[PDB]
Participant: 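Quick one: structure with empagliflozin.
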Amino acid sequence: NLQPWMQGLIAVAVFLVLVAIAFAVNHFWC
Amino acid sequence: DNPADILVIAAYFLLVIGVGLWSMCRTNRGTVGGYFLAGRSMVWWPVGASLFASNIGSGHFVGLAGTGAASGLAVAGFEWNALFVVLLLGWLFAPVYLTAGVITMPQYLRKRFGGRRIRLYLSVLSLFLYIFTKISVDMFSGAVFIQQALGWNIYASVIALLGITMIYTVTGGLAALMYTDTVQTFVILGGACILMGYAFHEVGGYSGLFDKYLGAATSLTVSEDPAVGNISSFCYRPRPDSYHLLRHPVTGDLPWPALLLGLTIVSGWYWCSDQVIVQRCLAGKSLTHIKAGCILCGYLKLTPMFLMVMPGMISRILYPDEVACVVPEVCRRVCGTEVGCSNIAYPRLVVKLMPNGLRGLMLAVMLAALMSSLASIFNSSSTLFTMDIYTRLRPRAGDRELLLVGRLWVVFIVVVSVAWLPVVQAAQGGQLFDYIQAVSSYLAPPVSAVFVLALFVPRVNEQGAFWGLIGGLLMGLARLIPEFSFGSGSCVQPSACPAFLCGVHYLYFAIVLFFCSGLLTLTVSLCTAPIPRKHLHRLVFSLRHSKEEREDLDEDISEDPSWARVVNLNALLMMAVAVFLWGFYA
Ligand SMILES: OC[C@H]1O[C@@H](c2ccc(Cl)c(Cc3ccc(O[C@H]4CCOC4)cc3)c2)[C@H](O)[C@@H](O)[C@@H]1O
Ligand SMILES: *C(=O)CCCCCCCCCCCCCCC
């Protein structure tokens, strides 16, 4: 059973990945 | 009537007038920057409290609670989308609006495109959107709260409410309203938290709520009117998706693609583009303080779920036969409407769950929310009308005259809202809330697209924007006129609109209208004259930091990197928390 506090961590994880890639493109592409 | 409630509301009025006169002693009035921008002397905590207090209102209490009762959690998305777009504002739109030095958004389009018809038409559309989607909300919801909780009369009540708020916004300006919005946000949060605690205690807590809701159906399903008879067992029982925030894309109210995209559009308008919220963000001492206010308002915008949505579900738990009724005559006997009686969730929670001093406190919470929202609308409308119209029509007027112009416009908008009150009283149940989100979805997306392209596409021009706006207006009316004409109803009495019209939820239509208007602007721009670059310094997100001169077709945002790092960091943290809460609630 996939409890809701697991879904919370999954969403936080994908959000953190998105922000990390955004900062990477800022660092390189600006 | 009540010994202690009188003193609690008296102390509330006392704090109100105290902060108001403290700001009067500190106001520094006499300049439009004072009255319409608080002299740009506002810091983080009042900016954030002002954004939250102005957006939060009686509409939020009644609508979120009633929808939670009838449907379930999902409506919380309306609030949580703000938490993202507000950041977009604070990091994309507010800097430009600051480095352009505008007092209004029509002014921004006036000096970014050039001409007198865009500014005029957008000001007029903004005024009508405020009359339809904002003032009607709060008047309707205060009306419901008074009709149930107190019920002595409804016209006199809301008229008196608008009178006090008229005086409030006339005297105040942005400084008074933002400081007293600090105190009002404090009041709203404190009272709502206490009532949430009481409701959780009476149901048994979060677990006690998540257990008993799907079995919270009414028992009386006969409908002695022979037309309806035995009811479907489908509309008097709670939805099996009541506990979920992401409903089905097609066979579900508030479909998740609709929620995300359509609210992003309508809310990009509601925060980044419309004068109320931006003008809250134009009175900022600096950019960093405005960003701090955005994060604060966002963190508070994660709150109205637990304080308005879940309490409505609790109402359905405790009073299913009274809030979850379906039978026309039963609901009419309970409220007066024959469409469901979902709106009575929050008022009956308050009336039957809390003691005398907290009865007074809840009346004060409702009063504070309604007053702050109406004060925001009236001051922002004053800004829009005064600046745009009075300058295009009398371009040489002393500020001792412009102050008078805005002050009197407040009186006029109040009279207009009083005039429109019965047209709002003619809606029943949740119909008004539906209607208003529908109006926004039809009329917002073009404006949303125009601002997106104005800030992020240098190419677009006067023809671009004007024709996108007119095309969006005609497309929106094409659906609004018939759909609003055929009527509205529930499972008991559903109006006979065609499926190809009603079957497409208004948020999907907002996406389509957004894209049609944006495409039309880009088209009619790319086949006409461009606008040179010399006109667009400090008017597009590309040219924020340009120090060179502008041609003026008619600043100095230097945040210290340390506090910049701090505010960036906690903004991202806020988003992380909001995304968590989206995941936790499906
Ligand atoms: O215009 C979108 C923006 O609206 C601002 C706003 C405006 C009016 C109202 Cl009343 C409310 C609360 C509410 C009450 C009852 C509701 O029920 C709906 C759903 C189906 O039934 C009909 C929905 C919302 C929010 C939201 O604060 C901002 O975040 C959004 O961007
Ligand atoms: C450009 O050459 C100037 C005239 C533009 C005529 C063609 C416009 C095409 C627009 C396509 C998108 C329409 C969206 C819905 C509008 C009601």
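Each sequence line gets a chain letter, starting at A and going down the list. Residue numbering for chain A follows the PDB entry, covering 26-55 in order. Numbers in chain B track the PDB entry; the residues on display, in order, are 21-574, 641-672. Basis for what follows: all heavy atoms, side chains included, without hydrogens, waters or symmetry-related copies. All ligand and atom numbering here is 1-based and tracks the order in the structure.
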Participant: Just curious, which ligands or chains go with empagliflozin?
Facilitator: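 That would be ligand 1.
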Participant: List the chief contact partner of empagliflozin in this entry, with the name from UniProt.
Facilitator: Sodium/glucose cotransporter 2
Participant: Counting non-hydrogen atoms only, which other chains lie under 4.0 Å from empagliflozin?
Facilitator: B
Participant: So, looking at empagliflozin, which transmembrane segments of chain B come under 4.0 Å by a heavy atom? UniProt numbering from the N terminus, please.
Facilitator: 2, 3, 4, 7, 8, 11, 13
Participant: Hey, could you tell me which residue and atom have a covalent bond to empagliflozin? Or is it none?
Facilitator: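 In this entry no covalent bond is modeled.
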Participant: Which chain residues come within 4.0 Å of empagliflozin, judged by heavy atoms?
Facilitator: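 Using heavy atoms under 4.0 Å, it comprises B:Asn75, B:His80, B:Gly83, B:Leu84, B:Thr87, B:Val95, B:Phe98, B:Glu99, B:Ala102, B:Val157, B:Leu274, B:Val286, B:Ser287, B:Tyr290, B:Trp291, B:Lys321, B:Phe453, B:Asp454, B:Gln457, B:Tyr526.
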